[PDB]
Protein chains: 4
Amino acid sequence: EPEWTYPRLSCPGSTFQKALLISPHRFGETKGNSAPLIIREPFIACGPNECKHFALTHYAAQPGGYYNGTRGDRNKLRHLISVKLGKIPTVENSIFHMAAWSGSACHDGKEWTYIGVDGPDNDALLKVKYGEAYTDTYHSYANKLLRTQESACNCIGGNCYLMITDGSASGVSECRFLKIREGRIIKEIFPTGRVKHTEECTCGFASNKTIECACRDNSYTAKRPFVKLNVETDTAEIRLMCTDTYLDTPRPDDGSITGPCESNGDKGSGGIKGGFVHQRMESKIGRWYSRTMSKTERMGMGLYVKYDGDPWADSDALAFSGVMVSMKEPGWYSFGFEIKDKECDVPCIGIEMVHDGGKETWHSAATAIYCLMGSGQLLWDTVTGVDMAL
Amino acid sequence: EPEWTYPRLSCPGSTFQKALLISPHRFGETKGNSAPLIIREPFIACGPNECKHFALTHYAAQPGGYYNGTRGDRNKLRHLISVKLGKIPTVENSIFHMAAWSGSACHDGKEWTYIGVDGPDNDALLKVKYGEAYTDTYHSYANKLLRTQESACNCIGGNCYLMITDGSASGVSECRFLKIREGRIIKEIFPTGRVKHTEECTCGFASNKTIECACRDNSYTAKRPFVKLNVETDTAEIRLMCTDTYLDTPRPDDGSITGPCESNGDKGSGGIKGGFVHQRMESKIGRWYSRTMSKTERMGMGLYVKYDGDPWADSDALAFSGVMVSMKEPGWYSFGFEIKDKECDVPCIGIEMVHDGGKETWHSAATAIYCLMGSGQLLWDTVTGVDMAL
Amino acid sequence: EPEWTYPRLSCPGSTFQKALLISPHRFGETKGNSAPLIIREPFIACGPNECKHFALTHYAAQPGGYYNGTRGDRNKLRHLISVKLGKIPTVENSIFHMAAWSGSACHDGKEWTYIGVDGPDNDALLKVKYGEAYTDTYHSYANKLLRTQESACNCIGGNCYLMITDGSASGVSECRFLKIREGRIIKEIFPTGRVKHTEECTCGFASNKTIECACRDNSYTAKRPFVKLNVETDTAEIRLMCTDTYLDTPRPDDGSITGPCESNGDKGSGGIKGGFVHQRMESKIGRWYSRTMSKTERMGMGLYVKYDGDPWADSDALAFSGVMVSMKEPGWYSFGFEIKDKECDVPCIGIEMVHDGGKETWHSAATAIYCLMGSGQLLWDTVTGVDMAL
Amino acid sequence: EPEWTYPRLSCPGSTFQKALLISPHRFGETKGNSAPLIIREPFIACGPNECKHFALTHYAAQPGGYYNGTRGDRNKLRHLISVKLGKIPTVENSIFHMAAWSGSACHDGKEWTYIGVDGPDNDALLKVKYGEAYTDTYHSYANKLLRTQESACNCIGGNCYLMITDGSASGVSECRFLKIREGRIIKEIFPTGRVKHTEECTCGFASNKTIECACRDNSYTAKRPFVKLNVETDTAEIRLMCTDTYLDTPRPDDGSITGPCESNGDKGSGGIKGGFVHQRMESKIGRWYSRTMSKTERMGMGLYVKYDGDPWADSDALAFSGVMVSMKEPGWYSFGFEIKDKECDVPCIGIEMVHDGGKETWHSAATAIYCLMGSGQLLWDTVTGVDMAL
Ligand SMILES: *[C@@H]1O[C@H](CO)[C@@H](O[C@@H]2O[C@H](CO)[C@@H](O)[C@H](O)[C@H]2NC(C)=O)[C@H](O)[C@H]1NC(C)=O
Ligand SMILES: *[C@@H]1O[C@H](CO)[C@@H](O[C@@H]2O[C@H](CO)[C@@H](O)[C@H](O)[C@H]2NC(C)=O)[C@H](O)[C@H]1NC(C)=O
Ligand SMILES: *[C@@H]1O[C@H](CO)[C@@H](O[C@@H]2O[C@H](CO)[C@@H](O)[C@H](O)[C@H]2NC(C)=O)[C@H](O)[C@H]1NC(C)=O
Ligand SMILES: *[C@@H]1O[C@H](CO)[C@@H](O[C@@H]2O[C@H](CO)[C@@H](O)[C@H](O)[C@H]2NC(C)=O)[C@H](O)[C@H]1NC(C)=O
Ligand SMILES: CCC(CC)O[C@@H]1C=C(C(=O)O)C[C@H](N)[C@H]1NC(C)=O
Ligand SMILES: CCC(CC)O[C@@H]1C=C(C(=O)O)C[C@H](N)[C@H]1NC(C)=O
Ligand SMILES: CCC(CC)O[C@@H]1C=C(C(=O)O)C[C@H](N)[C@H]1NC(C)=O
Ligand SMILES: CCC(CC)O[C@@H]1C=C(C(=O)O)C[C@H](N)[C@H]1NC(C)=O
Ligand SMILES: *[C@@H]1O[C@H](CO)[C@@H](O)[C@H](O)[C@H]1NC(C)=O
Ligand SMILES: *[C@@H]1O[C@H](CO)[C@@H](O)[C@H](O)[C@H]1NC(C)=O
Ligand SMILES: *[C@@H]1O[C@H](CO)[C@@H](O)[C@H](O)[C@H]1NC(C)=O
Ligand SMILES: *[C@@H]1O[C@H](CO)[C@@H](O)[C@H](O)[C@H]1NC(C)=O
Ligand SMILES: [Ca+2]
Ligand SMILES: [Ca+2]
Ligand SMILES: [Ca+2]
Ligand SMILES: [Ca+2]
């Protein structure tokens with residue numbers, strides 16, 4: 001007391017609804033007096049008492065004089081930052097956790113674990129922080145580019161599970177899982193199955209026995225690699241999601257990849273991190289996913305659901321369950337997380353809405369949140385409200 | 001540790017006095033360095049330990065570049081925000097609770113309940129949040145425009161009661177009440193009586209048995225619909241206030257509506273949300289109300305009181321208690337709320353003082369507060385001090 | 001637990017030293033990005049866990065557009081505000097307690113009592129707040145200008161004692177004391193003796209039996225009225241301080257008021273609020289006082305001490321104990337307060353250092369703090385560092 | 001509940017890695033909206049629950065109008081400030097602890113002790129604060145310039161140990177140590193041995209019996225004076241570090257100082273505060289140190305280590321562990337500190353990275369942090385990212 005936390009049955013509900021928008025650049029005008037941080041790759045993770053809104057900053061504000069380089073991914077300035085969910089992530093409201101150009105975090109019931117990867121591309125370093133204390137590291141194993149989830153890690157009974165990967169962006173990237181306890185890496189887990197390229201896994205609990213993840217293959221396919229990780233045996237297997245509703249971007253037309261479930265198909269090169277979250281019921285499991293409305297561009301974001309079945313074997317379309325972001329608006333990375341009610345867990349999906357005007361201006365993002373709430377159908381979409389000219 | 005709260009006897013006193021002004025736009029000059037949020041529909045709710053100042057933001061600051069649209073009511077950016085009462089609601093001080101263009105909130109003794117309506121006009125959606133967790137929703141039942149109080153909900157023994165309404169702004173809007181316990185709707189209450197238009201109810205406890213509300217009829221009368229809700233039987237009845245002192249704006253001359261108490265009279269179309277709060281004594285009930293100084297414009301705010309009687313039956317004029325805002329200053333929405341002293345409750349009325357310069361400039365509000373304190377007569381009025389040209 | 005607090009023996013020490021400067025206008029440049037509040041009449045009060053830095057704001061920031069009127073004393077915008085001692089009192093860091101143009105506050109061991117006077121000059125109103133709750137008021141008794149200390153009130157065993165006064169600035173102003181318990185006025189105390197003009201009393205505990213105050217006579221003398229208030233009998237007597245070291249400004253030459261201790265003497269018109277704090281030892285009492293270095297202008301601030309004797313009867317000079325502010329710098333109001341160490345109390349004097357460029361610019365103040373610490377002599381003076389042109 | 005803290009065994013690890021950069025002036029552009037404080041002499045200290053980032057401010061922000069004087073050391077405006085480690089030290093985020101132009105701080109397990117020296121050069125004064133209470137002072141003993149560590153003090157079983165010194169910058173400065181318990185000085189410690197110039201000691205626990213410090217000789221040598229302080233007997237001895245790897249700046253070529261360990265050698269005048277921190281193992285002690293990459297300029301910062309031996313006697317070169325700051329970036333003061341994990345202590349070194357544009361512009365610093373974490377080799381360097389023209 002505090003005790004370790006475990007996944008619980010989800011709170012009652014049958015549809016997602018628009019919850020909250022964090023749009024810091026609504027206050028970034030030259031005519032204004034604010035200092036929203038320039039960020040990308042936001043995610044959210046919650047503990048028993050609060051939710052934290054994380055991102056990777058370029059250590060620059062709007063308005064400001066350091067826009068050059070903010071459309072790049074890795075440099076010596078990027079840091080993992082957070083605010084309490086609902087606060088605007090400005091220079092003063094934010095806290096800087098560690099130097100990082102790839103990140104994750106999660107709460108185990110007693111304390112926060114923070115994860116940050118930095119260093120040179122060919123010998124990068126994963127760093128683990130438990131509360132205030134730097135407690136461990138893990139090294140690049142392919143010497144191409146070590147990296148992690150860009151979303152919440154997952155803790156059960158004090159054991160926090162985390163995807164890492166290393167490899168070429170356009171070739172092989174075989175992922176691993178780390179088992180981390182009170183900030184220290186106590187096991188490495190080497191998945192079996194379809195392992196040729198797995199990155200940016202969005203993971204969560206299907207049950208007390210099983211973690212599942214929906215990931216990105218940046219090289220070979222528009223189907224998402226789907227991880228099943230058994231936390232009783234510490235073993236993992238990966239296969240492609242068979243659904244006709246391909247969740248990557250870019251992607252070919254739904255159902256158009258012919259042959260069996262493992263077939264790679266066309267337009268596999270490139271990709272995007274995708275939302276995935278679980279609705280755990282007594283004898284039923286809802287799997288909720290998001291994908292861009294556009295097949296080729298990072299525009300729009302749609303929500304989908306399927307109950308039960310085996311995602312490795314089932315070609316049936318996921319059920320469309322609403323436009324979270326219309327195709328007129330940006331829809332970039334998406335992620336899952338869960339908010340802890342008094343006796344049950346609330347599944348949510350967050351959406352990174354990038355403000356992209358190219359390399360000659362600033363480059364950052366808003367965060368939209370949708371959560372399971374009540375019944376019926378999803379009723380309204382999200383806009384950032386930002387005019388990049390101001 | 002902690003216990004559910006109940007209404008208590010009011011603290012001793014016999015007059016209201018000027019307490020506190022929150023005027024964020026005193027700091028919004030182009031020459032300044034601050035970021036007060038552009039808001040409307042402020043209200044206040046208190047729990048056992050603190051009071052919170054809530055409002056509906058347009059997700060824009062002064063100074064800034066997003067003034068266009070701030071004189072409108074509903075859009076995809078409006079959010080329910082709060083600060084601790086006494087803090088200036090700026091970009092950084094504020095917390096964003098949820099997307100909402102109509103709102104409410106209340107503390108039950110253990111935790112905050114937050115209420116926000118958003119969605120499209122014909123199928124809007126009321127959302128309930130308990131602490132950090134989104135917990136329930138309620139649907140549009142007239143498909144016209146679902147909406148709520150714009151003031152505090154009211155909790156007793158863990159059951160929080162909330163007015164909602166749905167229907168045409170210039171036609172029929174039959175309200176209902178929701179009973180919400182730990183974030184979930186456990187009962188609907190369908191009022192009887194004079195029900196054809198009730199909105200923006202300002203509600204409080206007359207006793208442990210009864211909640212009363214003074215509301216707005218936007219279509220048919222300048223008399224306020226007056227709700228009596230029995231919390232023991234979970235039933236409600238509504239009739240017009242019979243007092244000659246018509247509390248709406250616009251309104252005709254006092255007492256000039258002829259016929260029985262239910263007669264509607266002249267200047268019924270249009271309206272304004274009105275202040276109302278109870279002073280609960282051992283063998284006596286005081287009802288305190290506010291209305292604009294102008295009969296037809298949102299200018300000034302006067303305080304009135306009457307002890308005992310039946311508001312449905314008594315045509316007696318309310319006793320004029322003093323000028324809270326001069327007819328030279330804006331007087332828009334007003335609301336009641338109660339502060340928890342150690343052993344008794346302090347009744348207060350808040351006043352929204354809108355800065356209205358038309359649709360070619362920014363549109364926002366200050367919040368003035370008067371509370372029951374000491375004896376004698378009300379001594380001083382409130383100004384916003386804001387020059388909209390700066 | 002929390003229990004009521006009482007004055008304790010003072011911590012060991014024999015000289016004051018420079019502790020801390022709060023100079024918010026060091027960040028008020030047009031070239032800067034900050035919002036220090038425009039204030040005057042600062043004071044400090046501490047409880048068992050923290051110290052609060054209070055002041056009276058004009059509800060305006062530097063830089064800003066509302067400088068006009070900030071060299072005035074009373075208006076409908078002035079408010080009592082505070083920050084945690086050590087924080088810069090800006091728009092966002094501060095909290096607004098109540099509308100007030102005269103103020104006081106104190107902690108009783110369990111909760112804060114806040115005191116604010118506002119209203120029209122001829123019928124002003126003292127308002128009492130206990131925590132968040134407005135709990136009582138007190139009315140003007142001379143209908144000239146009700147006002148209070150502009151420094152900490154004093155609580156013992158739950159009873160908080162407060163000076164109020166009412167009367168002409170250039171004639172009679174007979175003060176009273178209020179005894180306030182958990183926010184409610186439970187006794188009025190009418191002093192005897194030399195009562196013709198007593199205002200802006202700076203008060204503290206000489207012992208568990210006695211509160212003493214050093215006050216301002218704005219009409220008749222440059223000697224300070226000295227209150228002795230017996231908290232066992234709730235009786236008070238006032239006589240002039242007899243010391244040759246006249247503490248008011250303006251003042252004639254030291255010792256130059258001829259005749260007995262009660263003689264008024266010359267240059268009595270005008271005045272200033274003066275610092276006074278107690279050093280309580282086992283069989284000895286140190287009385288520490290401050291006065292401007294200039295006899296006629298609000299420039300400089302010197303510290304003085306005398307041990308034992310009767311301030312009503314003793315003409316001996318107070319011992320000069322250091323320049324806190326040189327005559328080159330502003331020295332306006334001064335006040336006493338005590339910080340609570342684990343087992344003993346630390347006496348301190350604070351100094352308002354007003355930035356005065358006349359009525360055509362902004363008008364505000366810094367706060368300097370000196371406290372009893374160690375042995376020897378007071379070693380360094382304080383400057384605000386502010387160039388009013390920036 | 002709570003207990004006094006003691007040094008514990010260090011957490012497992014064998015290399016340092018880049019942890020965190022605090023670079024406030026990334027947000028100080030004329031085009032921006034922030035107010036980073038102008039500071040120098042940053043350090044860090046941690047207690048059982050949080051780490052605090054301390055520095056000495058010139059009481060001025062960037063952008064602003066008070067740059068003149070910010071390249072000086074001592075004045076009446078300098079103050080010791082802090083934020084929680086990871087927050088940007090701005091006007092509003094920071095807390096001002098006391099007036100000080102030399103500083104230290106440390107947590108004893110129950111409460112913070114804050115140390116600040118101010119006053120005139122010939123009779124300066126060290127002030128001790130415990131929590132909010134000013135509790136003691138210490139006087140100048142050489143009347144030249146009393147000063148302290150500019151890094152964390154060290155507490156064991158409630159006794160906090162602090163280096164102080166006094167004397168000429170280019171002549172003799174014989175240091176002493178103070179033993180402070182709950183804010184009060186309970187013992188003086190007068191070192192023996194090589195005492196002619198010791199300042200800016202960076203100190204830590206070698207064990208429960210022994211504190212060690214690596215210090216600056218500004219007059220006579222580029223070898224660092226090295227303190228061994230026995231906390232059981234409260235006595236101290238000092239001798240020069242014998243290592244060929246001279247840690248001061250300026251310095252001659254490594255190993256080029258001929259003669260016995262106490263020989264002073266070439267380029268003795270001038271100096272810099274140096275990083276030093278212990279890695280305490282069961283049967284082994286690691287000593288980690290930092291020095292600039294340039295022999296003569298404050299450019300770059302390299303990390304070094306040696307296990308066991310006697311630093312007074314061993315001429316052996318320290319093992320070069322990696323580049324923390326490239327010779328293209330500023331490397332000024334460095335310091336050691338330790339973070340408290342649940343059951344072990346994590347050693348770190350911090351680096352002040354001064355933005356030096358000469359006396360015609362602003363002068364301030366970023367703070368970079370490296371900590372022991374994992375195994376392998378140190379992988380990445382730190383840049384401030386600041387363009388002083390913006
Ligand atoms: C997973 O296992 C945990 C731990 O056993 C379950 O949590 C327990 O649930 C039971 C039944 O509600 C309670 O009596 C215990 O107090 C819970 N302990 C906890 C949360 O620490 C949890 O229900 C399981 N999750 C599932 C089935 O999804
Ligand atoms: C409404 O009911 C509540 C609950 O019974 C009353 O609160 C109690 O008041 C009594 C007498 O003052 C106290 O001894 C109890 O401790 C209170 N109980 C709780 C749980 O708070 C309250 O007084 C009633 N209010 C009115 C207006 O009658
Ligand atoms: C004034 O009276 C208070 C209350 O009696 C005294 O505080 C007590 O002091 C004794 C002796 O140190 C302690 O044992 C008690 O625990 C104290 N109780 C408290 C503070 O609540 C205080 O010492 C007296 N002040 C004087 C003599 O200046
Ligand atoms: C220094 O001494 C402290 C105090 O004895 C040691 O802390 C104790 O360590 C033991 C064994 O790990 C624990 O069982 C105790 O609970 C600790 N006591 C306290 C009061 O903390 C510490 O281990 C010693 N450090 C070194 C480096 O030897
Ligand atoms: C090049 C590797 C990887 C997969 C393409 O690039 C990611 C793609 C990104 C993207 O597609 O938007 C942004 C990520 N921040 C980046 N990750 C890292 C660690 O740089
Ligand atoms: C249009 C319905 C209703 C009655 C006219 O409008 C309200 C009136 C308002 C008003 O009269 O000032 C402002 C309210 N924000 C608005 N409410 C909503 C939900 O839009
Ligand atoms: C006119 C009454 C009183 C005594 C002169 O004036 C005070 C003097 C002041 C002064 O001498 O600086 C400032 C005080 N804020 C003012 N008090 C009030 C309540 O207005
Ligand atoms: C003048 C004495 C001392 C040694 C040269 O100067 C220090 C050197 C400094 C330096 O070498 O950068 C900066 C320090 N802030 C300063 N300390 C004080 C107390 O002024
Ligand atoms: C930044 O742009 C400058 C020109 O403005 C160019 O020299 C440099 O290569 C750019 N660097 C990065 C990392 O984009
Ligand atoms: C404000 O927005 C409306 C609706 O889009 C548009 O018609 C109008 O031109 C805008 N006003 C200005 C000043 O741009
Ligand atoms: C403020 O100054 C204006 C002119 O700038 C003048 O009309 C007015 O009287 C002033 N008011 C006060 C209260 O000083
Ligand atoms: C800075 O201050 C010094 C000392 O007062 C003065 O000599 C110099 O002229 C000042 N510099 C500028 C640019 O004003
Ligand atoms: Ca792909
Ligand atoms: Ca009407
Ligand atoms: Ca006088
Ligand atoms: Ca040297």
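Per chain, numbering begins at 1; letters A, B, ... match sequence-line order. Atoms within a ligand are numbered from 1 in the order they appear, just like the ligands themselves. Values below: all heavy atoms of this structure, side chains included; hydrogens, waters and symmetry mates excluded. Looking at the header, which is where the method is noted, we find X-ray crystallography, 1.8 Å.
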Visitor: Under the nomenclature of the PDB entry, which macromolecule has the greatest contact count with ligand 6?
Guide: neuraminidase
Visitor: What would the PDB label the drug at ligand 6?
Guide: oseltamivir carboxylate
Visitor: Under a 4.0 Å cut-off, which other chains come into heavy-atom contact with oseltamivir carboxylate (ligand 6)?
Guide: B
Visitor: Of all the non-hydrogen atoms in the protein, which one sits nearest to atom 15 (N) of oseltamivir carboxylate (ligand 6), and at what distance?
Guide: B:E41 OE2, 2.9 Å
Visitor: For oseltamivir carboxylate (ligand 6), which atoms, with element, lie under 4.0 Å from some heavy atom of B:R74?
Guide: 1 (C), 18 (C), 20 (O)
Visitor: Counting from 1, what oseltamivir carboxylate (ligand 6) atoms have a heavy atom of B:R298 closer than 4.0 Å?
Guide: 10 (C), 11 (O), 12 (O)
Visitor: Please list, in number order, the atoms of oseltamivir carboxylate (ligand 6) under 4.0 Å from a heavy atom of B:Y333.
Guide: 7 (C), 8 (C), 9 (C), 10 (C), 11 (O), 12 (O), 13 (C), 14 (C)
Visitor: Which organism, per the PDB entry, is the source of chain B?
Guide: Influenza b virus
Visitor: Around oseltamivir carboxylate (ligand 6), which residues have heavy atoms within 4.0 Å?
Guide: B:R40, B:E41, B:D73, B:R74, B:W101, B:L145, B:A169, B:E199, B:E200, B:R216, B:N218, B:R298, B:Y333
